[PDB]
Structure formats: C-alpha cells, structure tokens
Amino acid sequence: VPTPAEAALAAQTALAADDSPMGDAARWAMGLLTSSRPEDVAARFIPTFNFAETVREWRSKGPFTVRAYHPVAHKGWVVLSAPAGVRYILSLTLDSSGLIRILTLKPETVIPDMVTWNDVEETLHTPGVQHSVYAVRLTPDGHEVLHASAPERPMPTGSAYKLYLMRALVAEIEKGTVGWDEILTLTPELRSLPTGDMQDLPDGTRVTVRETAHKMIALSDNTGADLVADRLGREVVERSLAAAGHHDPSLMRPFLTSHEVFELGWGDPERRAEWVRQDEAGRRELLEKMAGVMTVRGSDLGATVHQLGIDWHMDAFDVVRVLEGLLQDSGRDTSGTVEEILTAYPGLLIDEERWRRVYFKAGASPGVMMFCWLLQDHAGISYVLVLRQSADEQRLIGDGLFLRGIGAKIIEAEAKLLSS
Ligand SMILES: O=C(O)[C@H]1/C(=C/CO)O[C@@H]2CC(=O)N21
Ligand SMILES: O=C(O)[C@H]1/C(=C/CO)O[C@@H]2CC(=O)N21
C-alpha cells in the first residue's frame, strides 16, 4: 500500500510515461506551470477557446510538485502541492482529438477514505445543499438497499436524462423504425452547447445514429443528444418514460432538449416567466415558437433554473430503474452495440479484475450535480450507486469533483460498503 513518497513518485513517472491524448495535454499544462507564447497555446486548445494573465496567476502559486495523477479518458486530474503544504488540483477536459476544452487550477478537493456509510453522509453534507445517496444490490426478486438518504426526493439530474434518451433509442431500434447506421445531419438549429464535441462539426456533417449515441453517452454530448431527440421525436422520447422506469413522467413533460434548457434557462427572462406560469399545453406551444438557432452562449449560464422545472427531474429509484433497464437492453442486443456505448467511459479508473462491466453517467447544470454507476462483477452481481446534489447557488456545489470523488471512494471501498 503506497506510502506518500511512493505514490507521488508513481504519479510523476506515470504522467511522464502516459502516451495518450490526456498524457500529452497534462504534460503540456504542467509545463506552463513549471517553466520560465500565443501560437503554442492556440494550437493546444479547441479553436473556439486573458489566458496569459491566468497562467501568470497560476504560476505565482508555485513551485508545484506532482502528488497524484488521475487520467480518465477525456477527463484528467493532477494533484499538486505548492509551498507550505497547500494543495491544488489541475483539471483537464479534452475534445475528441485531444485539444483542451477546459483547464482549471483550483484549491484541492479533499475526500477522505470511507469506512462507513455515515462517513459518506457526514463528508457530503453541506448547509444549503440538498443531497441524496442511494446504493443497492440488484437481485432476481428486487433490490437490496445498502444505504439510502432521500432516494424518494425528486431532484434535477441534468444529463442523466440521456439515459432515458438511450432507452427510447434502443426501443425504436428494436422496432426497426431507426437503424444504427442511419445518417443524422447536423444543422444550425440542432447545435447545442458543451458538454460534448459534436457542436464543433460543420453544418451539414453526416453522422451515424451509432456514433451520435456513443458521443451522447460517453462524452455527455448535448448536440449528439439533441440529434437523437430530433430523430426520435419528443412524443416517442416521452411515450417511452413510463416503460423505461420513471415514477411521475409529468415531471419531464415536455421532455426538454439540452438546447431548450440552455435557451429557456438563460435567454429572454420574459419567455422564462411565460414557462413558469404556463400549463403543459402552453409550454409545448412556447417550445415550438422558440425553435431555431441558439442565442444563449456558455458565458450566459450561471443562475439556477432547475427550481422552475428547466432541467430533468427524477428520484433515485428512477435512476436505478433506467440503469437496470439498460443492462437488460444491452443483454438483448447480441450485436454488442449498446454495450459498447454504455461501457466506453466509466467516469473513474476501474478495477477490471473485480468489475466485468461498469455503466456511468454524470449530470450537471447550475445548482445541480449527479453521478451514477452500475457495477457488475464477474459472477454477475450488480450494484447501482446514485449520488445527487441540488442547491440555489452554484458555488455551494462546485465543479463536481467532490461528488465524483465521493463515488470513487465508495467504489474503492466496495468490499466494506457494497458487497460486505
Ligand atoms: O461526463 C462527466 O464526467 C462530466 C459531466 C457531464 C454532464 O454534463 O458532469 C460532471 C462534472 C464533470 O466534469 N462531469
Ligand atoms: O481516486 C480518487 O480518489 C478520485 C480523485 C481524487 C482527487 O484527489 O481523482 C479521481 C477522479 C475521481 O473521482 N478520483
């Protein structure tokens, strides 16, 4: 079990040796911090990416020593110590060819090793934040509850809704009304904001349903999700919710697109007040009228709107049911198409000797953070873990590393907390 010096050394060596998009980006970003040029920056970041002052300010906090290195597909974290025992984390999010989309250097997110479920609760609780932790073992005759805090509370879940979109898509594939190799076309009206990369493709770009669904899940791609939602039709997405495991489908009718949440939530305040006072009919009418190219930009987001219904609300039971249903859908799909999409990005470094398969999905919106996993061992025993936070102020929640890291610690301690 690695001592401090051992683990820091192992992290430093791993970072140097990481021959991958994350390795390349993490080494370059560390270079900015430890060294003593606008062209070289332009080339490392996404084309649509002040930074000189940002880097000066970061550099002033050093010198830095690498203490941990956590690459996970297109996301990565490097834990750094600066003088006098102060720690920071460098977070990286990459696009599909390894360009940097997000790069931040922030005070360390501290998550202790978990021994008990009470450790989880006492760590997570923040005044002003509603949270929920739900962990179950799935069995032939129902779920065994390992731990529950407020699983009955319906809460906003952001991109967790893409799990329902996935089930709706699979239901249509099974019916033969859509095919995995059918072509979807990106138009100006179908473009959404990140998370995701598909928005960066040119107008007219032709992409298969398979590759669109893959990015929808694996990259939480908002534009990919909206392409699927457009192809299926809102009625098909909605008509599905009851089957795919939702307790009060009226909470997600009309079933919003990401474009609609962004545009309604952070655009015209009058149009947003109209939503609030309208019934289901008036809301559908309002959405039809709002259809077109987005006006809202990433810079406009901030204020919370989930409390107005402009998000996707479900309880913890709903999340378990949709994941269990996807496990069932995957098994029925003998081609392995569903399984490949679901397992591409497990959100953490996974012990593959323990877990045969891991599904993962995150959701985030101002004032909203959630992470969920389905983990199935090699004997076939499945566990589901659902973590949720909502608040009236985004600063109370933060960038989501806290809640993700709590999940990481639970999964690390699975023998104590899940499978005991
Ligand atoms: O896919 C992930 O891991 C992303 C995400 C996506 C939801 O928009 O939300 C959480 C915060 C973050 O960086 N995670
Ligand atoms: O393994 C862990 O404990 C946590 C972590 C913590 C950052 O210090 O970083 C990676 C991402 C995550 O949730 N893991």
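Quick note: numbers on chain A are straight from the PDB entry, i.e. 8-43, 47-59, 64-434, in order. The basis for the numbers below is simple: all heavy atoms, side chains too, and nothing from hydrogens, waters or symmetry mates. Ligands are counted one by one from 1 in listed order, and the atoms in each one are counted from 1 as well.
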Practice task
Specify the drug or drug candidate modeled at ligand 2.
Solution key: clavulanic acid
Practice task
Supply the name from the PDB entry of whichever chain has more contacts with clavulanic acid (ligand 2) than any other.
Solution key: ORF12
Handout entry: Residues near clavulanic acid (ligand 2), heavy-atom distance under 4.0 Å
Key = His84, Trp91, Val93, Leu362, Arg418, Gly419, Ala422, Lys423
Problem - Atoms of clavulanic acid (ligand 2), numbered as shown, that sit under 4.0 Å from any heavy atom of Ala422 - result: 2 (C), 4 (C), 12 (C), 13 (O), 14 (N)
Problem - Contact atoms of clavulanic acid (ligand 2), heavy-atom distance to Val93 under 4.0 Å - result: 8 (O)
Practice task
Could you list the atoms of clavulanic acid (ligand 2) found under 4.0 angstrom from a heavy atom of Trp91?
Solution key: 11 (C)
Exercise for the section: Find the other ligands and ions that have an atom under 4.0 Å from clavulanic acid (ligand 2). Expected result: none
Handout entry: Sub-4.0 Å atoms of clavulanic acid (ligand 2) with respect to non-hydrogen atoms of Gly419
Key = 13 (O)
Exercise for the section: Considering heavy atoms of the protein only, find what lies nearest to atom 1 (O) of clavulanic acid (ligand 2) and give residue, atom and distance to 0.1 Å. Expected result: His84 CE1, 3.8 Å
Handout entry: Atoms of clavulanic acid (ligand 2), numbered as shown, that sit under 4.0 Å from any heavy atom of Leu362
Key = 12 (C), 13 (O)
Handout entry: Heavy-atom nearest neighbour in the protein, as seen from atom 3 (O) of clavulanic acid (ligand 2), with distance rounded to 0.1 Å
Key = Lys423 CE, 3.6 Å
